[PDB]
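The next block holds one structure in the form of C-alpha cells; read it before the comments.
Chain lettering follows the listing: the opening sequence line is A, and each later line takes the next letter. Following the PDB entry, chain A shows residues 7-271, kept in their order. Chain B is numbered as in the PDB entry; the shown residues are, in order, 7-271. Quick check of the header: X-ray crystallography, 2.3 Å. Just so you know, ligand 1 is whichever comes first in the structure, and atom 1 is the first atom listed for that ligand. No hydrogens, no waters, no symmetry mates; every other heavy atom, side chains included, goes into these values.
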Protein chains: 2
Amino acid sequence: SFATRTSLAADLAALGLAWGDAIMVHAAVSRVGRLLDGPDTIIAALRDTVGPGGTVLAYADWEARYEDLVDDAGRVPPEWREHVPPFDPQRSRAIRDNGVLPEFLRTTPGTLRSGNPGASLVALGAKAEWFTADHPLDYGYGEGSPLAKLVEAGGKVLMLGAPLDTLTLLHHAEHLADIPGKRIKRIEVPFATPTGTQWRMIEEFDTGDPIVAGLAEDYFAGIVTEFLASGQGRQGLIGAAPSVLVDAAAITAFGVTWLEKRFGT
Amino acid sequence: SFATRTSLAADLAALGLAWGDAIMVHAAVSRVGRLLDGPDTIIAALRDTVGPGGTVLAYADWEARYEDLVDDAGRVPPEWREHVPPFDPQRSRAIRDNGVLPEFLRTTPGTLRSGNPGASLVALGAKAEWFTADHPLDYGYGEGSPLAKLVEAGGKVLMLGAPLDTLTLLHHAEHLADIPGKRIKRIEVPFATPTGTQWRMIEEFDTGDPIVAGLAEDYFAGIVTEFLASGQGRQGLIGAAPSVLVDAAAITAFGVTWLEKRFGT
Ligand SMILES: CN[C@@H]1[C@@H](O)[C@@H](O[C@@H]2[C@@H](O)[C@H](O[C@H]3OC(CN)=CC[C@H]3N)[C@@H](N)C[C@H]2N)OC[C@]1(C)O
C-alpha cells in the first residue's frame, strides 16, 4: 500500500541501475503508485541505488511563459522587455510539462543547474559540477553539452513510467545526425547578471518538433521500441510503473544511425 | 493578457497591502490569470509592495502521508517506523493540498520555515527570524506560535482567490476560544536530528475538523463572510482573482467572539 525508498531502490537495482552510475530520470510520478515521501521517494531511491559516487540528473528546461510574445526574429517587443523575468540558474523554476520531479530535484539541497535555460539539466551527486558546467548557449543539445557529457561518462537514462518519446537525450542524437533539412529555432533570452538583465539571441536545432520533416511528433518512442526490440536496454517495474533503462551512449548511437539510415547519404 | 509583477503589485496596493506589512497569503494561483513568471510573480509582487521592511508568510504544514498508518493512539507501527521520512524544517516539502505557493515560497532563497511540522509557517523578509523561532511543538496554533506573532505584529491575511475556510489564522481563534468540548489530536512525529531520528508525541487541538462538534466543516467561511458583512476587511481583485484582505488581530478577535457566543459562556 506504500512504496518506500527501500522498495524502489530494490526495484531499481533489479532493473540494472548500478553503484556509481550517472542516471538521468524521466518520471511519471503518478504511475509509480503511493509513495511514502512523495516524489522525493524516487530521488532518494535513485541516490541509494547509485551510492554517493553516483549522480542523479533530470531535464529541467525553464518555465518561461513569454515565448507567446516574440516577433518574427524571435525578439521580445520593447513594451514587454522589462517585464520578462530573466533566467537565473539557481532561482528559475524547472518546467512543468513533463512532471514535477525535475523541479523537486532542482530544489533538493546540493543540486546544481546548468546555464543554458531551455536545455538546462539539474544534477545531484559526485559529478554534479562537471555535468552542469559550461553549457553552451547555442546548440545546447550538442557538443560539450550536459547530454554529451552523459554519453561521455557512460551514463544511463531511466524512463520511469514516462512516455518513451520524452527521452530528451535523443535530441542530442538529432543534433549529431548528418541529415539535411534540420529545422532551426532562434529566440531571444533574458539572462540575470550582477549588472542587470542582459539579452542574448539563442540558436539551436528546434526540439519542439522532429528535427526534420516526414516524422511523427512522437517518433522518439518508436526509436526506443526498436532499440529494446534489438536486444539492448532493460524493461521492468519500478514500483507500479513500467520502466525502461537504457545506456546513454548506445541509445545515442542507435538514434543517430536510425536518422542517417532514413534521411542521410 | 498577462498579469505581471508590476500589475499585481498595483492591485495589492489598491486592496490595502502597505509598505512594511507582515502579510500571510493563501493563494489559488490559477485564479490570478495569465502569469508571466508563474507563482513567483505573486511572491515578487508581495515583496515589492511591503518592501524590505515587510515579511511575506504562508502556511507550510508538511507532507506526512504516514498518518494513514497510525493506530488509535497516533503511534506508528514498528514495521513502518524506520521507513517514515523524518521532518527537516529546511528540506521537508510544504503540504501540496492548498496549492503550490507555500512550497514555492519555501524554496525562495532567504525563506525560513518554523519548527512545528504540522503547523509550520514559512516567512520571508525582515521579521522572518522572529516569526519562525521557537515554534512550540505542542499546541502549535496557540501561545508563542507564528500565528500569535502575526496578531502581535499587527499583520494581515490575504485570501488570494483561495476558499475562505482555508484561513489558517482562525485555528488560532479556535485555540483561544473559552469553550467546552474542544477536540484534541495526538500523533507521533519523527524529527531529523544530528543524532538520528527522534520520535515525539504531539498534542494540539484538532484542526482537521471544527474545534467542537455540530459545526459545518466550512464554518470558517461563514465567520469571514460575517466579518466582511459587518464592515470590516476589504475585498478586491488581484489580477483576475477575487481577493479578501483582513487585519490579523481583528479577524482573530472576531472569531474568538463568534465561538464564545455560540458555545461556552
Ligand atoms: C524554451 N522552452 C521550451 C523549449 O525547451 C522546447 O521544449 C520542448 C518541448 O516542447 C517538447 O515537447 C513536445 O513533445 C511533447 C511530448 N510530450 C509535448 C509537447 C511538444 N511540443 C519536448 N519533447 C522537448 C522540449 N525541449 O519548446 C517549447 C519551449 C517553451 O520553447
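Sitting at ligand 1 is the drug sisomicin. The chain with the most heavy-atom contacts to sisomicin in this structure is named in the PDB entry as Aac(3)-IIIb protein. Using a 4.0 Å cut-off on heavy atoms, the other chains next to sisomicin are A. Shown here, atom 28 (C) of sisomicin is out of close reach of the protein: none of its heavy atoms lies under 4.0 Å off.
Sisomicin has no nitrogen or oxygen under 3.5 angstrom from a nitrogen or oxygen of A/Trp68. Those atoms of sisomicin that come under 4.0 Å of a heavy atom in A/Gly214, given as number and element, are 21 (N).
In this structure, atom 12 (O) of sisomicin has no protein heavy-atom contact shorter than 4.0 Å. The nearest protein heavy atom to atom 19 (C) of sisomicin is not closer than 4.0 Å.
Distance check on atom 24 (C) of sisomicin: some protein heavy atom falls below the 4.0 Å cut-off. In this structure, residues within 4.0 Å of sisomicin (heavy atoms) are A/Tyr65, A/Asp67, A/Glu73, A/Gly124, A/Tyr147, A/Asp171, A/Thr172, A/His177, A/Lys191, A/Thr213, A/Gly214, A/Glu223.
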